[PDB]
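What follows is a single structure, written as structure tokens, with notes after it.
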Amino acid sequence: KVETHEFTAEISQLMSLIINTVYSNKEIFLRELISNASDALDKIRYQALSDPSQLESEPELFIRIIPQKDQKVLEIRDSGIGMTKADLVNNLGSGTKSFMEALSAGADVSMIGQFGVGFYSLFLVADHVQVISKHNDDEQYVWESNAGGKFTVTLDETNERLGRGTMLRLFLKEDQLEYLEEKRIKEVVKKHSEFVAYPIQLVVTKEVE
Ligand SMILES: CC[C@@H](C)Nc1cc(C(=O)N[C@H]2C[C@H]3CC[C@@H](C2)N3c2ccc(C(=O)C3CC3)cn2)c(C)cc1C(N)=O
């Protein structure tokens with residue numbers, strides 16, 4: 001059963017801004033999303049210093065990028081802490097207002113991650129997103145959205161089990177399909193995410209002839 005919720009007004013306004021801006025360095029979306037993954041992996045790793053059974057839901061700590069060319073979808077999966085349904089309905093934090101203000105004063109989009117709202121840079125290159133997530137002691141959910149208006153949260157009894165962590169599915173814009181290319185992904189990872197302290201896997205798929 002689907003639950004529908006409205007974005008705060010400032011989030012809808014941020015989305016509309018990002019999805020329509022003409023920024024010439026849109027590749028930074030991948031850095032912002034890998035930084036969120038890294039942070040989520042740090043959080044589970046450090047909780048597990050007190051309580052190592054927290055890692056049992058998925059013993060590997062990794063980041064995994066899966067272009068799906070048939071679907072025009074770029075997936076980014078991590079085995080970090082994940083998000084509770086509460087994180088998914090009410091959000092985490094106000095970073096959103098503080099970043100539109102910042103843009104007003106000439107701030108660069110590349111600085112979105114200083115304000116904790118790096119997730120939304122994905123709308124530089126995508127017009128729809130699914131967030132699949134699984135937190136310890138809660139269920140697996142799909143959060144889904146176009147850019148502005150409503151988002152939905154749905155109990156996930158259909159998809160592959162994450163074990164623990166998060167998978168973003170970016171539905172790429174027709175002008176940004178280069179982020180399905182292996183060499184483009186590799187060089188953007190190496191340029192902006194060179195010092196991430198977790199392995200970054202990239203899946204290349206030979207599709208059936
Ligand atoms: C603890 C996780 C953190 C370290 N990393 C991540 C953070 C995020 C992230 O930003 N999600 C938030 C919460 C959810 C899911 C996407 C988006 C932003 N949503 C919402 C939800 C609600 C609202 C609202 O208007 C409120 C109703 C009024 C706005 N936005 C993500 C997506 C992943 C990771 C990660 N890879 O693990």
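Throughout, numbering of the chain's residues begins at 1 and tracks the sequence. Quick check of the header: X-ray crystallography, 2.0 Å. Every number for a ligand or one of its atoms is a count from 1 in the order of the listing.
This structure shows the largest set of contacts to ligand 1 coming from the chain the PDB entry labels Heat shock protein 90 homolog. The drug that appears at ligand 1 goes by the name XL888. Within the listing of XL888 (ligand 1), atoms 1 (C) sit less than 4.0 angstrom from a heavy atom of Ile81.
Remark: XL888 (ligand 1) atoms within the under-4.0 Å shell around heavy atoms of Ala40 are 4 (C), 37 (O).
Ranking the protein heavy atoms by distance from atom 10 (O) of XL888 (ligand 1) puts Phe119 CB, 3.6 Å first. Taking a cut-off of under 4.0 Å to the non-hydrogen atoms of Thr166, the atoms of XL888 (ligand 1) that pass are 37 (O). In terms of protein heavy-atom proximity, atom 8 (C) of XL888 (ligand 1) is nearest to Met83 CE, 3.5 Å.
Here is the list of XL888 (ligand 1) atoms found below 4.0 Å of a heavy atom in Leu88: 15 (C), 21 (C), 22 (C). Scanning the protein heavy atoms around atom 27 (C) of XL888 (ligand 1), the nearest turns out to be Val89 O, 2.9 Å. Contacts between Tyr141 and XL888 (ligand 1) below 4.0 angstrom, taking non-hydrogen atoms only, are absent altogether. The closest protein non-hydrogen atom to atom 20 (C) of XL888 (ligand 1) is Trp143 NE1, 3.4 Å. Ranking protein heavy atoms by distance to atom 18 (C) of XL888 (ligand 1), first place goes to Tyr120 OH, 3.6 Å. Under 4.0 angstrom from XL888 (ligand 1), the non-hydrogen atoms of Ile11 all belong to its side chain. Scanning the protein for heavy atoms near atom 36 (N) of XL888 (ligand 1), the closest one is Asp78 OD2, 2.9 Å. In this structure, the protein non-hydrogen atom closest to atom 3 (C) of XL888 (ligand 1) is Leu92 CD1, 4.2 Å.
Closest protein heavy atom to atom 12 (C) of XL888 (ligand 1): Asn91 OD1, 3.5 Å. The deposit names the source of chain A as Candida albicans. The residue-level binding site of XL888 (ligand 1) (heavy-atom cut-off 4.0 Å) is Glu6, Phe7, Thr8, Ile11, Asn36, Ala37, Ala40, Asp78, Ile81, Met83, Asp87, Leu88, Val89, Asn91, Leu92, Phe119, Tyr120, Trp143, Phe151, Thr166.
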Any protein N or O within less than 3.5 Å of an N or O in XL888 (ligand 1)? List each pair with its distance, or say none.
from: XL888 (ligand 1); atom 1: 19 (N); to: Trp143; atom 2: NE1; distance (Å): 3.3
from: XL888 (ligand 1); atom 1: 25 (O); to: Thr8; atom 2: N; distance (Å): 3.4
from: XL888 (ligand 1); atom 1: 30 (N); to: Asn91; atom 2: ND2; distance (Å): 3.4
from: XL888 (ligand 1); atom 1: 30 (N); to: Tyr120; atom 2: OH; distance (Å): 3.0
from: XL888 (ligand 1); atom 1: 36 (N); to: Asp78; atom 2: OD2; distance (Å): 2.9

